[PDB]
Participant: 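Mind looking over this structure? Questions follow.
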Amino acid sequence: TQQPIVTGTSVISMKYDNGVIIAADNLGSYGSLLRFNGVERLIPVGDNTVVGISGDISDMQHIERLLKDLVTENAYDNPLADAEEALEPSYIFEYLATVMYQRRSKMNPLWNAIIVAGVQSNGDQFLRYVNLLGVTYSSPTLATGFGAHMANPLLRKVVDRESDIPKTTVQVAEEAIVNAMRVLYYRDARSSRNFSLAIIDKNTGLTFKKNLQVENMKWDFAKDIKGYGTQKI
Amino acid sequence: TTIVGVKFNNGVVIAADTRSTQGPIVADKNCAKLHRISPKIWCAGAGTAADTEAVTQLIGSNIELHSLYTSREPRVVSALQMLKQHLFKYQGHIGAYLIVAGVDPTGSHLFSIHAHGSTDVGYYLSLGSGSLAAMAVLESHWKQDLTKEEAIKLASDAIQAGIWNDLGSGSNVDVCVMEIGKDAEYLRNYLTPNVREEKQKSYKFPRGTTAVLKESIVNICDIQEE
Amino acid sequence: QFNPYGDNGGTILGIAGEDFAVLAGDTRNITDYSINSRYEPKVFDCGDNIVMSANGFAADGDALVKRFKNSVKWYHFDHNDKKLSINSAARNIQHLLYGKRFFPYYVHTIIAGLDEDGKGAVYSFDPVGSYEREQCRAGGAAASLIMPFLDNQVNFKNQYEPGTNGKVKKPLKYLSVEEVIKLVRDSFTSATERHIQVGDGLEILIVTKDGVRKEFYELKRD
Amino acid sequence: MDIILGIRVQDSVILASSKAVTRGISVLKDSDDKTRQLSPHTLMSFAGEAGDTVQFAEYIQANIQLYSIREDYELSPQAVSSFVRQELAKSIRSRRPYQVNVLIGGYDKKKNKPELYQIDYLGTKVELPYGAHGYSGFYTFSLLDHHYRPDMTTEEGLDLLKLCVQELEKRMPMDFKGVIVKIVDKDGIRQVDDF
Amino acid sequence: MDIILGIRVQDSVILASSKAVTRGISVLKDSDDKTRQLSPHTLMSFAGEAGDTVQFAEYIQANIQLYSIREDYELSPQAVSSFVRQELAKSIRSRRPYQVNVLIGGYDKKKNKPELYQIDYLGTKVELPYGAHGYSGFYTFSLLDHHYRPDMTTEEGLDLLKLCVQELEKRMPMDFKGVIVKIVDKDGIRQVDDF
Amino acid sequence: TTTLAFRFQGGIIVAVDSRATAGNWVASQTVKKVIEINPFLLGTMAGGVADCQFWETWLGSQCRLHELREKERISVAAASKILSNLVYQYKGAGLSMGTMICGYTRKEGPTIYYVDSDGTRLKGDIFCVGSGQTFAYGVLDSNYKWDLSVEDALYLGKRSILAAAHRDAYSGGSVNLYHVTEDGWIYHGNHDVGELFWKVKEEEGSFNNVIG
Amino acid sequence: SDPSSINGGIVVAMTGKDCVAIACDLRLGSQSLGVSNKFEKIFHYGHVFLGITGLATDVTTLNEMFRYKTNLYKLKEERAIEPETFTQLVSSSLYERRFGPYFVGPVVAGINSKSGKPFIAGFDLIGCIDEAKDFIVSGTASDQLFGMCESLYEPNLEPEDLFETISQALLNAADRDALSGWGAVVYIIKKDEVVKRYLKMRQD
Amino acid sequence: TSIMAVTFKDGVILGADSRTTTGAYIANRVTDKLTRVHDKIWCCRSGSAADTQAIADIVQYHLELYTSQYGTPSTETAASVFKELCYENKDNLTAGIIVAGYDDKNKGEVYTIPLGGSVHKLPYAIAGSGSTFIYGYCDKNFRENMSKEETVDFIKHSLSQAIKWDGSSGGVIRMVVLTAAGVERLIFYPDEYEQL
Amino acid sequence: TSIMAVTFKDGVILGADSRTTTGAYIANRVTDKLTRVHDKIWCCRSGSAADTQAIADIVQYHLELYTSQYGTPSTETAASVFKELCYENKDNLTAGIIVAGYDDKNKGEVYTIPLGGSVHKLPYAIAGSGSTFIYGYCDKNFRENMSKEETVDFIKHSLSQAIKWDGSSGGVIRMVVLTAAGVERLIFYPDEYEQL
Ligand SMILES: *[B]([O])([O])[C]([C][C]([C])[C])[N]C(=O)[C]([C]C1=[C][C]=[C][C]=[C]1)[N]C(=O)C1=[C]N=[C][C]=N1
Ligand SMILES: *[B]([O])([O])[C]([C][C]([C])[C])[N]C(=O)[C]([C]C1=[C][C]=[C][C]=[C]1)[N]C(=O)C1=[C]N=[C][C]=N1
Ligand SMILES: *[B]([O])([O])[C]([C][C]([C])[C])[N]C(=O)[C]([C]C1=[C][C]=[C][C]=[C]1)[N]C(=O)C1=[C]N=[C][C]=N1
Ligand SMILES: *[B]([O])([O])[C]([C][C]([C])[C])[N]C(=O)[C]([C]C1=[C][C]=[C][C]=[C]1)[N]C(=O)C1=[C]N=[C][C]=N1
Ligand SMILES: [Cl-]
Ligand SMILES: [Cl-]
Ligand SMILES: [Mg+2]
Ligand SMILES: [Mg+2]
Ligand SMILES: [Mg+2]
Ligand SMILES: [Mg+2]
Ligand SMILES: [Mg+2]
């Protein structure tokens with residue numbers, strides 16, 4: 001049993017016709033203090049998987065080392081390490097899920113919420129969640145922390161069920177994700193303007209975008225708001 | 001509970017879902033959360049149901065007497081002031097979280113109220129357990145200079161977001177439009193996107209199915225003549 | 001302090017027929033007042049014509065199902081591909097659950113299938129491994145809503161024959177698979193209306209001598 | 001205190017109440033009468049927290065006696081029981097509530113019927129053919145469920161009461177030092193001196 | 001369990017132990033023998049937490065019987081009492097201590113003297129002319145202080161013991177359902193079947 | 001829960017209720033609270049549903065192993081002590097059990113042992129265990145004799161459970177009867193309380209307080 | 001400890017074609033101990049019926065309080081109180097004890113004598129009104145009652161058909177609750193006749 | 001919350017962020033924490049929104065009544081009324097208020113009233129959760145008798161840093177200028193102050 | 001405690017106050033919080049004195065043994081050894097350490113290790129109770145590739161403010177300069193840095 005110290009906020013994600021998109025901001029909070037402003041919380045594994053992590057950052061860095069080691073281990077005595085016997089999204093997830101549940105079972109959890117996004121060998125979209133309790137679930141859209149409350153409602157208007165996935169393009173999907181990140185910046189007190197985004201497509205592969213910023217923000221209306229009720233000046 | 005308030009060109013609109021819950025159970029499927037303080041001042045309430053009702057009735061009652069005393073149509077700021085001072089006095093124990101809207105001789109107004117007695121001003125507001133789902137929609141689609149039609153659409157869409165994504169909210173969408181120089185139109189069950197499907201089977205029993213011990217006529221009438 | 005348990009909601013329902021057995025469960029997965037997934041399968045074909053569901057804390061549910069599936073596999077290896085009977089499966093699950101008596105799997109387990117005489121069978125468990133064969137059992141969040149309805153409409157409880165007035169009971173005539181599916185669908189429609197953790201979708205697994213069939217029905221998403 | 005029983009038969013009400021008083025480790029007394037006569041045809045037995053029991057009983061006694069003098073008339077058992085209930089229902093939301101449970105046994109001279117009322121410290125009233133407070137019912141109700149018939153004589157009631165006391169003396173851990181038995185009928189209140 | 005007494009007279013040791021067993025609200029048994037014969041001339045009575053009492057007594061019994069067979073010799077009461085004390089003194093600092101108090105009554109055949117040892121669950125041993133565990137001493141020691149004489153015969157001891165049990169039956173709240181009495185002397189251990 | 005067992009001329013009567021509860025919620029009315037350890041041994045269940053089931057079926061495995069090793073039926077004393085010694089090892093860990101181990105052997109005759117999760121092991125003639133044990137004791141103590149016929153003894157047990165089923169909120173459902181002789185136990189049916197109450201009330205003249 | 005579940009009990013109400021029905025169990029207990037099988041929880045003031053679950057002392061107190069108030073109402077108004085008006089009176093009376101409430105779950109049922117319209121309503125322990133078209137439930141087996149009602153109920157049931165539906169809803173819900181049962185009563189209510197039926201049920 | 005008041009040559013300027021939070025949720029991103037108790041006596045509010053609103057409302061009432069009887073009150077007088085409420089109800093209040101006002105006789109004045117209810121007259125004052133991160137900056141950069149433009153820059157830069165580091169602070173930077181010329185409201189948006 | 005490490009053109013400089021406190025009592029006013037784990041790898045210690053001493057002693061042992069086998073360790077390697085101790089024993093430790101070192105290949109590097117045991121490579125780092133009061137100042141005044149004299153002034157001015165506002169910080173300002181030229185110790189007394 002511990003308490004999380006340096007923490008990361010929401011991770012958000014969704015499926016689209018030819019793949020999956022995932023995003024998370026670059027902040028490492030220390031309670032209410034916005035301590036570290038250059039933290040990468042999306043961690044790619046090969047050219048077919050991206051693991052998004054929220055919660056305790058020391059535990060995140062531990063998980064990051066486990067994944068790095070997993071790649072090294074898979075390559076051992078494996079001539080098809082960059083082909084048929086490469087690491088799949090499903091393999092990477094199941095491994096993490098095993099660890100998370102084992103650690104909670106010893107009453108010493110990795111204080112995180114994790115989303116594994118990727119594309120499988122047969123082109124199928126992979127998107128699944130796991131957290132400190134070892135709880136897992138999949139959905140056309142997945143989000144952690146505040147994202148669960150604010151992002152999912154917006155992303156579910158694009159892809160409400162399974163049959164909406166082929167009808168959703170990558171342009172429409174990215175547009176929805178970027179908007180969700182703006183909304184989280186308006187409303188989450190432990191978020192930052194700077195974020196990273198990752199697309200995994202079955203055709204065009206893995207596109208990793210860094211140093212993105214929330215833009216097109218509405219603040220002008222603030223000038224007209226005066227007092228808390230009766231005040232006119 | 002999901003309740004919203006949206007300002008527009010010539011007035012203000014408020015909306016609400018119709019779900020009430022006791023823990024994980026739904027107590028009422030078609031609950032009425034839009035309350036009338038005065039003819040053109042309405043408010044939506046979240047939190048403890050008895051408190052939102054009671055605190056609305058009391059201030060609404062005193063507002064009516066005040067209107068009669070002053071020979072003036074009531075103002076939203078008066079309802080706001082009386083509500084906040086009452087809630088502050090009770091130090092948050094009266095669990096009423098209100099969005100107060102209305103039109104009056106000063107113009108159209110939109111305010112929020114919290115249980116401890118703090119008030120806020122805005123063009124768009126949301127309260128309750130589904131306020132985050134609703135505020136996501138409002139922050140995505142809200143603009144300045146909304147029409148009446150556009151504001152109703154935005155308000156209901158913000159409630160729908162609560163209905164579908166928040167387990168504390170559900171069933172139907174109630175709306176109340178308050179335009180300047182017009183009567184306030186209260187649209188009860190403006191949307192009904194949760195009708196139950198026909199059941200597979202009828203559970204009407206054959207008469208005599210239940211075992212009875214005694215029968216007797218109950219005297220509801222008064223004492224009779226002669 | 002760290003709390004190793006959580007509640008993922010959901011509800012499940014097993015009914016045993018004369019020569020068949022169904023095990024139903026809603027597809028909604030939640031924490032507190034948020035939905036995690038509208039379609040997260042909860043009932044599983046475990047092989048040997050046995051269906052299983054472990055409702056409650058999903059992480060413990062998935063762990064248990066995973067370990068039972070594993071037990072079926074090793075049963076085949078160790079005993080010359082012998083079919084694991086439903087009664088044997090039930091006793092094995094008791095030991096899986098009781099093995100963690102002092103740090104329990106936080107789930108309500110139900111399994112269904114056919115017994116060795118071909119007749120429909122449903123077994124029900126508590127979190128620490130006690131069990132009992134039953135004709136009817138609902139489990140999980142809305143179990144208190146559904147069970148009474150099933151006492152009335154499956155076992156004809158408190159029902160009597162017209163004209164006799166409480167003297168003669170309603171006879172316990174058998175229910176077809178079509179008749180049972182009607183009662184399952186209505187049970188979940190009703191449960192969805194009054195319970196906030198039930199909704200989105202209903203998935204039914206039917207078990208007969210021919211094998212394991214699936215049926216899916218939409219539920220209200222509010 | 002501990003055990004108080006009541007049974008309503010054909011023509012009377014019988015109350016049985018233990019004699020022991022224990023303060024902690026010692027039994028200070030073995031001949032305590034846990035009852036007060038409210039009116040000539042109404043008797044109230046009581047059990048609860050020390051001090052509160054007698055204080056409450058005597059207070060009720062004083063009030064009923066005052067009514068009797070003022071109106072020159074005896075209140076019905078039903079009327080007395082309702083008064084007592086209200087006092088306890090008032091008490092439960094007080095600064096310091098009365099921690100007292102009572103049985104009220106009376107004979108209604110108007111209807112010519114015996115009546116037994118069981119009231120707990122919350123002000124929960126029920127009319128019963130037989131009743132008890134505390135752990136007494138746990139042992140005795142099964143016997144009363146079996147043997148009671150509503151048309152028993154007073155002698156048959158006392159025998160059924162002896163069977164109840166014998167069971168209590170066998171299975172209860174505490175030594176309650178026997179019971180004082182009193183009968184309420186058309187002729188008033190009398191004590192059975194040998195039990 | 002509840003009451004256990006002991007008295008050492010001229011030529012014997014007398015142990016008296018209650019018969020009741022109570023689990024919570026009910027008296028499950030009224031004929032329980034709270035004692036074990038450790039050796040032909042040594043008897044141990046016991047009282048404490050449920051389960052632990054019998055488990056501890058039988059464990060001691062087994063160990064002494066093992067010694068008897070190995071050496072073909074009976075240990076002195078003093079030796080047995082010291083062994084028991086050490087086991088309890090070991091137990092008190094364990095993960096889960098034995099919650100058991102004992103009296104050991106023996107007749108030493110070497111010295112031709114009766115001996116009574118009182119040991120509590122902490123491993124506190126004292127040799128005494130008369131002893132008790134729990135609340136029993138609170139009632140009985142004043143009587144024993146007055147009447148006890150060391151040249152007492154066995155019959156005089158039983159009379160003084162009856163006076164102790166009568167006082168307990170008068171002033172103790174709990175009904176302990178009488179006592180089983182056993183005498184330890186030069187001829188061994190016997191039970192007084194009428195008491 | 002109400003479970004009883006008593007020694008008499010014709011052997012042992014064992015009677016139990018069928019109700020299982022989680023708080024105020026009635027979880028099951030069809031629970032088998034009597035465990036058939038073998039054709040000669042019965043065990044009753046009270047307290048923790050799982051603890052009792054698990055460890056009493058386990059007990060049956062230990063008894064089978066005894067008679068495979070010793071070529072002889074296990075004594076009721078030995079069988080009961082295996083269970084009591086086991087639960088004593090777990091003392092403090094939170095097991096919740098109140099059980100009667102009932103049997104009939106040549107050397108012992110009809111024997112009943114009360115075994116309990118605090119480590120208590122008691123031999124006796126009559127025992128009632130559970131939340132409704134006090135109610136059942138009332139009927140038993142007033143009507144019990146050594147010279148009862150198998151028919152009358154069976155009814156007394158049935159009636160004692162009914163008494164407790166009525167009054168105790170955590171007892172009910174149905175009554176399971178067993179009669180234990182030296183050649184083994186004999187099952188005497190499941191009796192629904194819903195039907196048994198009205199039948200007994202009418203025939204016995206009891207429960208005049210209730211209207212029917 | 002929890003006041004609302006010391007004594008136990010349930011109440012359910014339903015609407016039909018030109019009629020309403022209200023029903024309750026008869027148990028009063030002290031936790032596990034069953035004390036009384038004649039503790040009726042439905043009362044009436046004129047043609048307006050009121051069921052009350054929860055702590056028994058408050059059930060009795062409130063009945064006596066509403067009899068008090070409805071008797072004064074009738075003297076001053078010169079007419080019987082109507083269901084709609086009584087519902088508001090119950091709410092007002094409960095909320096005045098906001099921070100020291102009666103631990104009860106009241107249910108109102110009745111037909112308006114002027115319009116003829118069937119009417120039911122429920123409350124929490126502090127005054128909030130639930131005015132359902134179909135049915136209202138209350139007590140320790142409210143979860144069970146919700147499940148029965150939600151499946152068994154259909155609109156516009158004739159008086160004699162409605163009796164069967166509400167009875168089966170109560171009976172089967174009570175049998176799954178330890179603190180409810182020990183008998184039951186059903187009231188069928190039409191515009192100018194009211195039938196009362198005691199139900200035969202299991203006594204455990 | 002990040003709030004500050006700064007005296008300068010021509011008078012005094014109040015500054016504040018616009019963020020109100022319930023835990024980590026931003027309940028209001030466009031809040032107005034600069035509130036008016038008299039024509040040229042304003043205050044900055046930090047702590048409980050309810051408490052500080054209730055207090056400010058009561059003070060506005062007191063000063064309105066003072067004005068009707070005795071004419072315009074001094075800033076010191078306004079601070080004393082704030083103090084009297086905050087000190088006497090210290091057990092039940094969570095309010096950290098900065099009072100700022102402009103007289104012609106006394107010119108610009110600033111009084112800070114922390115949790116206890118004590119009063120401190122200062123050349124400038126900072127308060128709120130975000131103030132902790134700018135004690136160093138403000139102490140190093142403050143000068144007496146600054147110009148209007150310099151003081152606006154000082155407040156803009158200071159609150160910018162407070163917003164940057166404190167999660168409980170954010171949104172727009174509101175300011176209110178109090179001089180002989182009158183009352184001026186200023187607003188500064190994220191795109192402007194983040195690039196500083 | 002007020003501690004900081006700052007990279008600059010020629011390498012890196014560590015800075016610290018000298019105050020150790022037991023509640024409000026200053027148990028040591030001339031403490032040395034800049035400690036040596038290798039020739040040109042030092043660290044700043046904050047949190048528990050016992051924990052951070054025990055950790056630093058263990059690290060010095062590890063790096064001494066590393067050196068004997070594999071030659072001079074990198075600053076990154078030293079930070080990893082600190083991390084491994086702080087992360088794996090997070091439940092039992094209260095240690096906030098800044099690791100700073102000078103390679104010839106990598107030049108000046110700074111790694112900060114907060115309570116959790118996470119590692120963060122930064123151009124400069126601040127830590128300790130007194131760091132809170134200079135986030136604003138340090139963010140505004142830090143530039144990359146400063147000179148030695150500028151960096152000394154930056155640290156001197158920063159810790160001066162941290163000392164001024166934090167009661168847990170005080171005494172002398174110790175500094176350690178790490179460059180290709182070698183290791184230089186600097187001390188600055190109250191009379192000097194208070195008048196800044
Ligand atoms: B909403 O979720 O805020 C909703 C709106 C209400 C004003 C009609 N509130 C409720 O449903 C509340 C939730 C709640 C539960 C428990 C304590 C406090 C609040 N429900 C009730 O107040 C309630 C519960 N049972 C019966 C009637 N009302
Ligand atoms: B009985 O009431 O003791 C009964 C006996 C058991 C063997 C079926 N026990 C239970 O019903 C217990 C609860 C309980 C009630 C009263 C006294 C003691 C215990 N129930 C359970 O253990 C249980 C466990 N999981 C699900 C449901 N019930
Ligand atoms: B600020 O953060 O101190 C701010 C000032 C207030 C006058 C608008 N306070 C709040 O946002 C407080 C919480 C708080 C945060 C930090 C320190 C102290 C207090 N918020 C509220 O009082 C509040 C929150 N949600 C709704 C209503 N009121
Ligand atoms: B500094 O204040 O963090 C300082 C750094 C330490 C390495 C010399 N720590 C201490 O002075 C601590 C107390 C403390 C103060 C502030 C924050 C965290 C901890 N002091 C001690 O560990 C101490 C005190 N007295 C004797 C021995 N050790
Ligand atoms: Cl505010
Ligand atoms: Cl040190
Ligand atoms: Mg919803
Ligand atoms: Mg001693
Ligand atoms: Mg054993
Ligand atoms: Mg019962
Ligand atoms: Mg200092």
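Within every chain, numbering begins at 1; the chains are lettered A, B, ... in the order of the sequence lines, protein sequences first and strands thereafter. Ligands are counted one by one from 1 in listed order, and the atoms in each one are counted from 1 as well. Partial entry; contacts are within-part only.
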Participant: So what drug did they put at ligand 3?
Facilitator: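 PDB records call it bortezomib (bound form).
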Participant: To what macromolecule is bortezomib (bound form, ligand 3) bound in this model, taking the chain with most contacts, per UniProt?
Facilitator: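 It sits in most contact with Proteasome subunit beta type-1.
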Participant: Looking at bortezomib (bound form, ligand 3), which other chains have a heavy atom under 4.0 Å from it, would you say?
Facilitator: B, H
Participant: Which name has the entry assigned to chain B?
Facilitator: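 The deposit gives the name Proteasome subunit beta type-2.
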Participant: Which UniProt active-site residue in chain H ranks closest to bortezomib (bound form, ligand 3) by heavy-atom distance, and what is that distance to the nearest 1 Å?
Facilitator: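 The UniProt active-site residue closest in heavy-atom terms is H/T1, 1 Å.
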Participant: Please give the species listed in the entry for chain H.
Facilitator: Saccharomyces cerevisiae
Participant: Name the residue and atom at the far end of the covalent bond from bortezomib (bound form, ligand 3), if one is modeled.
Facilitator: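 Covalent partner: H/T1 OG1.
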Participant: So, at a heavy-atom cut-off of 4.0 Å, what does the binding site of bortezomib (bound form, ligand 3) look like in terms of residues?
Facilitator: B/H114, B/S118, H/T1, H/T20, H/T21, H/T22, H/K33, H/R45, H/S46, H/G47, H/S48, H/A49, H/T52, H/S168
